[PDB]
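Heads up, this one has LY2874455 in it.
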Amino acid sequence: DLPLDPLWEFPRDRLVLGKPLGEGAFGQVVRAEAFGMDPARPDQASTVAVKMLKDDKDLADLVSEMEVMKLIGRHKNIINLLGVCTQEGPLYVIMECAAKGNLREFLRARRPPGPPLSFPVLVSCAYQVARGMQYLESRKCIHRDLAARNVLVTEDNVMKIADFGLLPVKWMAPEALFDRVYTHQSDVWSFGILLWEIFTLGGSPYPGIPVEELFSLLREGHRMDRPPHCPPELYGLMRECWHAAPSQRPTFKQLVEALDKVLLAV
Ligand SMILES: C[C@@H](Oc1ccc2[nH]nc(/C=C/c3cnn(CCO)c3)c2c1)c1c(Cl)cncc1Cl
């Protein structure tokens, strides 16, 4: 329909698509061979991920999303926007591609047998999501879901958060679960569930509990118990992210330091 941004408008010509990546809600995401995304060498080649429509009000959600990534600008620990294609009809959105796709899945594959993923790599995994979440808050942006299935893993073990903006109940915080309100502190709760999702090497939160009286059990103070081999400072950090009072929940800036003071044990 509408205009063309020289800061992001890419020629469809230099972009040969490829095989999908798999979800969902807003649109389909396919691997795609884009040529010359780095204009230093226009003969270069790389593998980027492209977002399209299936066919819709989803054309408004899709554009509303594209506009927002332009706003926040680049960053390391978030999926960065690379370019777009609105010129000749169908809307393509070109962004960074993480080959080890997805976290939650990143862990359940390197999962040892029951009794590679060393401890520091896992602190690296979380400390990156910490830095990415603080950036989103500072740009006045928000990310509600925040599961280990919303964090993508680059080729180099770099964590890039997926999706942001200005049913999955085990991750939601009380005030969002019952009052339907989301603050920066509701994310700090979700990040704690994420911390637990990692040190269990991709487990399911509150294992073996029906999603339904879960609220009553949290209405008692019963948070999940220290995963095995998780050193107490980390479970100590999860309990803080699970404090019922949001004003007693840590800010993301403090989750950066605590995790950085740990990463520095080395
Ligand atoms: C719905 C999908 O959107 C995206 C958005 C940006 C992306 N940049 N790069 C990937 C690569 C995903 C991948 C890489 N390897 N594999 C094989 C897995 O079987 C899948 C990717 C996926 C998704 C997925 Cl597929 C996963 N988690 C979150 C999201 Cl949003």
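So for chain A, numbering is the PDB entry's, and the shown residues are 453-507, 511-570, 583-633, 651-750, in order. Heavy-atom basis, side chains included; hydrogens, waters and symmetry copies ignored. Just follow the structure's listing: the first ligand is 1, and inside any ligand the first atom is 1.
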Checklist entry - In this PDB structure, which macromolecule forms the chief contact with LY2874455 (ligand 1), named as in UniProt? => result Fibroblast growth factor receptor 4
Next on the checklist: I'm curious, in chain A, which UniProt domain holds most of what contacts LY2874455 (ligand 1)?
Outcome noted: Protein kinase
Checklist entry - What does the entry say the source organism of chain A is? => result Homo sapiens
Next on the checklist: Help me out: which active-site residue from UniProt for chain A lies closest to LY2874455 (ligand 1), and what's the least heavy-atom distance to 1 Å?
Outcome noted: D612, 9 Å
Item to check | Binding site of LY2874455 (ligand 1), heavy atoms under 4.0 Å | outcome: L473, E475, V481, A501, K503, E551, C552, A553, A554, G556, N557, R616, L619
